[PDB]
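Before any comments, here is the structure.
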Amino acid sequence: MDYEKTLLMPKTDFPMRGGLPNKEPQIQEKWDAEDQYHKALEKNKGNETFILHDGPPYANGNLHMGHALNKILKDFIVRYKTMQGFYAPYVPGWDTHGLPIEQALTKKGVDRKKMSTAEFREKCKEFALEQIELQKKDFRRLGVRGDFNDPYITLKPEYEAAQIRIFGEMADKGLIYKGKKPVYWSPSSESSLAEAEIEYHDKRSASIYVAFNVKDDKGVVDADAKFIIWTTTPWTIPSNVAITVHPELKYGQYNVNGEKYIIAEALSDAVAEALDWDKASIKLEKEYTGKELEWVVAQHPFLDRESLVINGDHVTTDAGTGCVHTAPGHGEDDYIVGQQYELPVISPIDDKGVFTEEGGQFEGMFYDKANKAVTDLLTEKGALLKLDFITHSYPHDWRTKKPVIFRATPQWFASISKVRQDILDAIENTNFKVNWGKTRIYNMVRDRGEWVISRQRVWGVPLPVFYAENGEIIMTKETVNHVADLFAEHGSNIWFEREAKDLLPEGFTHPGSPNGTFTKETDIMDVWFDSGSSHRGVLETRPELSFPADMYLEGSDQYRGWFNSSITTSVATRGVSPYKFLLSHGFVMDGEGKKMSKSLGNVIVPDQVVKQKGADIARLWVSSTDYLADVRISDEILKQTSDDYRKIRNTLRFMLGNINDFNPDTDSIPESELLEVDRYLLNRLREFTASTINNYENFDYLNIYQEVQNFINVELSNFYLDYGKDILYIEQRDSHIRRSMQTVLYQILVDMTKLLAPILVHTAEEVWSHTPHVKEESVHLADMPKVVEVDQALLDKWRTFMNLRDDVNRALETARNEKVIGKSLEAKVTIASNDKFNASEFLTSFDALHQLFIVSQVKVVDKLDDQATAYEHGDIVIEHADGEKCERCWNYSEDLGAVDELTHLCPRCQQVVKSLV
RNA sequence: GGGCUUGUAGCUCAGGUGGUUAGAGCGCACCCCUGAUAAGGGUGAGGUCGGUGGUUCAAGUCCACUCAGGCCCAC
Ligand SMILES: C/C(=C\C(=O)OCCCCCCCCC(=O)O)C[C@@H]1OC[C@H](C[C@@H]2O[C@H]2[C@@H](C)[C@H](C)O)[C@H](O)[C@@H]1O
Ligand SMILES: [K+]
Ligand SMILES: [Mg+2]
Ligand SMILES: [Mg+2]
Ligand SMILES: [Mg+2]
Ligand SMILES: [Mg+2]
Ligand SMILES: [Mg+2]
Ligand SMILES: [Mg+2]
Ligand SMILES: [Mg+2]
Ligand SMILES: [Mg+2]
Ligand SMILES: [Mg+2]
Ligand SMILES: [Mg+2]
Ligand SMILES: [Zn+2]
Ligand SMILES: [Zn+2]
């Protein structure tokens with residue numbers, strides 16, 4: 001007859017293959033339907049709280065692997081805290097203002113000039129919300145649990161109003177002020193431009209050398225040797241302002257003939273070389289320290305009146321002559337280092353290349369031809385020049401293809417310098433996972449210049465400022481807070497819909513404008529300000545949250561980004577960091593650790609990992625990366641992830657099928673009555689559990705990925721589950737020995753699925769769904785197993801038994817290569833003490849060595865002759881087992897018997913079978 | 001160029017105060033099993049630690065320089 005019918009084979013419909021791309025949507029569908037997000041919250045209703053504040057991704061485009069890495073790590077954290085009983089609301093957010101979106105619309109074919117600000121802004125909003133829906137869909141497909149149905153958005157009235165109140169408070173503490181800054185300006189478009197509207201094209205520029213003297217006397221500290229000058233911009237000459245000097249680097253030359261001017265060290269060679277001067281390459285003499293040449297007061301001719309100073313510099317040396325000269329009226333950093341000191345803003349020029357003030361003969365022409373021929377009047381006619389024509393790449397208006405120039409424009413600033421030390425101190429009191437995180441942002445805030453907070457665009461939050469003709473600036477608590485009031489109720493659009501007096505309080509009045517009339521600012525705030533105020537607009541505003549967030553977690557680029565604008569803004573108005581803990585991760589690279597491009601074809605997108613392999617696979621990958629640095633993804637990397645996932649899943653499947661008939665409520669064996677081998681695994685489970693919780697407490701998911709594998713592969717699959725077959729399949733269903741293993745098997749099943757739940761969200765649920773008798777619905781609404789003390793002596797004892805098992809297996813291998821044995825069951829193992837190990841005594845405290853080694857018989861003797869091979873754990877002798885093969889359990893027995901139609905059954909199996917019938 | 005950061009076996013990772021033949025899991029090779037079967041067991045082969053030079057009796061582990069990466073600036 002057939003023996004398999006009497007066997008107890010595993011039973012479960014839990015599939016070996018995941019089918020993730022088709023199973024996960026259903027599971028997600030159910031989680032939403034049963035509003036688990038809010039259920040998870042009410043489950044921990046009055047417990048300690050954990051607030052992880054989400055940084056708002058930009059509402060434009062497709063999520064990339066970075067969004068996935070970042071969101072999945074966040075979910076790990078909140079899920080684990082939730083599973084430890086913490087009330088941990090996770091509310092995603094979206095960054096919705098900014099130039100990029102205005103551009104998307106324009107590129108889409110919207111066209112501002114043809115509808116008005118109000119209609120264009122609504123178009124931006126409509127677009128942002130559409131993008132959000134798409135992104136929200138993708139985020140949820142990763143298995144992330146969060147308030148996705150009621151996320152915070154920077155375009156929401158309440159958020160905008162909060163942002164305004166932040167602007168108001170900073171303005172009150174005197175941290176907001178109006179000034180000016182140079183910006184790309186297109187005389188063609190009669191408007192300023194951002195780098196995104198700039199494209200380079202070669203241009204004909206007449207470069208000249210205007211060597212200017214060093215009169216006065218304050219600068220005659222070292223002779224009266226003139227200071228040369230070279231500008232590729234003749235119109236950038238009527239801007240008499242300082243010169244240059246890169247501290248440390250010195251040299252002055254002072255050479256024969258001419259006037260013994262000044263060049264430089266690494267410059268000299270490539271300086272006079274083109275100066276046409278080479279009257280016997282005359283040698284230098286009295287070089288006078290560059291760096292130290294500060295305040296070397298020098299009158300710069302051409303029709304000057306003021307002498308130009310010189311201060312520290314940042315980047316000057318190169319093919320470009322050592323003589324730079326400045327004029328904050330038309331220069332990027334030419335304005336920074338050139339302003340700290342009493343410096344008057346130079347040059348005019350209206351929205352058109354035309355100027356007026358200070359302009360001599362050229363009082364109404366342009367910045368071009370009015371130079372190359374006009375201003376070229378004032379040149380070598382006293383400053384020794386060399387009018388040359390050169391070609392180089394130059395900034396151009398991308399639509400008009402015409403040249404762009406720098407021009408100082410009124411801008412608004414946030415006074416970082418006044419709150420600097422305050423931010424530094426808040427950082428010092430901020431916790432970090434790694435010390436360099438603290439150092440990076442520290443030096444950041446330390447070397448940070450003033451914050452330009454204004455932009456001349458329409459898609460954003462308006463600076464709540466009003467102007468009173470007579471002078472200007474109306475920015476008081478009353479005015480800002482009333483604007484906040486309106487914004488809170490109508491949103492920012494109100495600003496573009498109403499007149500100034502409608503945006504002002506109760507029939508407001510001010511000394512300015514005796515006629516009760518007012519003007520309003522038009523600039524909007526920099527988007528960094530928008531997100532940077534998220535701690536106010538969401539943490540302080542929403543009921544479920546609390547201002548100081550337990551932590552912020554984002555990419556490395558946020559040290560200059562959201563981490564920075566958020567702390568700057570929070571310290572300014574609250575005096576504290578908006579985050580008690582700052583955790584950052586790296587970027588996602590390809591397999592070689594190189595940037596994903598597209599021209600290179602090494603991208604890999606989240607949407608594809610999910611569709612092709614599954615969200616649970618994208619997640620396991622995350623847990624396996626050392627996120628504190630850059631991480632790497634590729635097809636070979638993911639094939640690995642797939643292979644580990646299959647092993648975890650398959651192992652869980654086997655355990656599931658073998659506890660299908662186990663009812664914990666009535667079949668469990670007391671710990672004190674478990675077979676010792678079962679108590680050993682129960683303790684390996686406790687050890688693995690303790691270790692994993694610790695890892696979760698430290699955000700060390702990589703350690704869990706590593707340990708889970710070793711526990712699943714080595715302890716379970718390789719050993720316990722294998723050895724268990726001779727028990728689970730053969731013993732009587734309700735026998736003490738079978739129920740003892742099931743008792744531990746069940747606990748491991750349950751606990752391990754719970755311990756993995758934060759990571760393998762879908763599979764954990766699917767396994768939970770196939771486990772009999774689990775209390776709660778959903779693993780995700782259950783608590784982590786409690787950490788208990790392990791029996792260390794039991795562990796050491798079995799650790800040694802395991803190392804002894806390896807020697808046996810080695811002995812079994814040798815014998816198997818010799819065809820002496822096939823499966824380990826056809827073997828008889830004899831072992832005895834060695835000089836290296838007292839095997840005989842040690843093996844005395846173990847039961848059923850034959851089952852433990854998966855062999856038919858084990859004989860412990862005491863001593864073996866010089867036939868037995870020696871092992872680290874004793875001498876071992878392997879030979880084919882005695883007796884005949886029992887057709888049921890496949891162990892060899894010398895006492896096979898028949899039970900009715902079933903022959904060749906060992907005594908053990910005869911008993912099990914007889915109890916069937 | 002500046003701040004911070006990474007480089008150990010095919011892959012992902014371990015390797016306190018420097019000290020015998022650098023560890024793990026997977027993968028791979030070969031063998032066994034065929035009662036987890038688009039499964040399972042076993043053995044074994046692979047790194048000299050990005051490079052060079054030093055400190056030291058002795059360095060993956062300390063120093064210097066260097067190569068190739070990464071984020072953010074300077075640009
Ligand atoms: C780890 C990251 C990127 C990455 O790893 O890079 C992924 C690789 C890019 C894909 C290449 C595509 C081809 C393009 C080509 O051709 O070159 C960065 C992270 O992102 C997610 C979050 C985004 C929000 O903005 C952040 C904040 C806090 C603020 C409010 O804005 C997170 O905070 C962080 O910023
Ligand atoms: K088999
Ligand atoms: Mg680790
Ligand atoms: Mg294995
Ligand atoms: Mg390597
Ligand atoms: Mg490697
Ligand atoms: Mg590492
Ligand atoms: Mg191996
Ligand atoms: Mg080498
Ligand atoms: Mg050496
Ligand atoms: Mg020596
Ligand atoms: Mg060491
Ligand atoms: Zn061109
Ligand atoms: Zn039997």
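To find a chain, count down the sequence lines: A is the first, B the second, and so on, and within it residues start at 1. Both counts, for ligands and for their atoms, begin at 1 and track the order of listing.
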PDB drug name, ligand 1 = mupirocin
Most-contacted chain for mupirocin (ligand 1), named by the PDB entry | isoleucyl-TRNA synthetase
Give the letters of all other chains with a heavy atom closer than 4.0 Å to mupirocin (ligand 1).
-> A
Does an N or O from A/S597, backbone or side chain, lie closer than 3.5 Å to an N or O of mupirocin (ligand 1)?
-> yes
With a cut-off of 4.0 Å, which other ligands or ions come near mupirocin (ligand 1)?
-> none
Closest protein heavy atom to atom 34 (C) of mupirocin (ligand 1), given as residue, atom name and distance to 0.1 Å = A/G555 N, 3.5 Å
Which UniProt ATP-site residues in chain A are within 4.0 Å of mupirocin (ligand 1) on a heavy-atom basis?
-> A/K598
What is the nearest protein non-hydrogen atom to atom 22 (C) of mupirocin (ligand 1), stated with its residue, atom name and distance?
-> A/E554 OE1, 3.8 Å
Could you name the option among A/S531, A/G561, A/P56, A/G61 that has the heavy atom nearest to atom 31 (O) of mupirocin (ligand 1)?
-> A/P56
Other-chain residues near mupirocin (ligand 1) (heavy atom, 4.0 Å) | A/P56, A/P57, A/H64, A/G66, A/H67, A/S531, A/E554, A/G555, A/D557, A/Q558, A/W562, A/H585, A/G586, A/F587, A/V588, A/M596, A/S597, A/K598
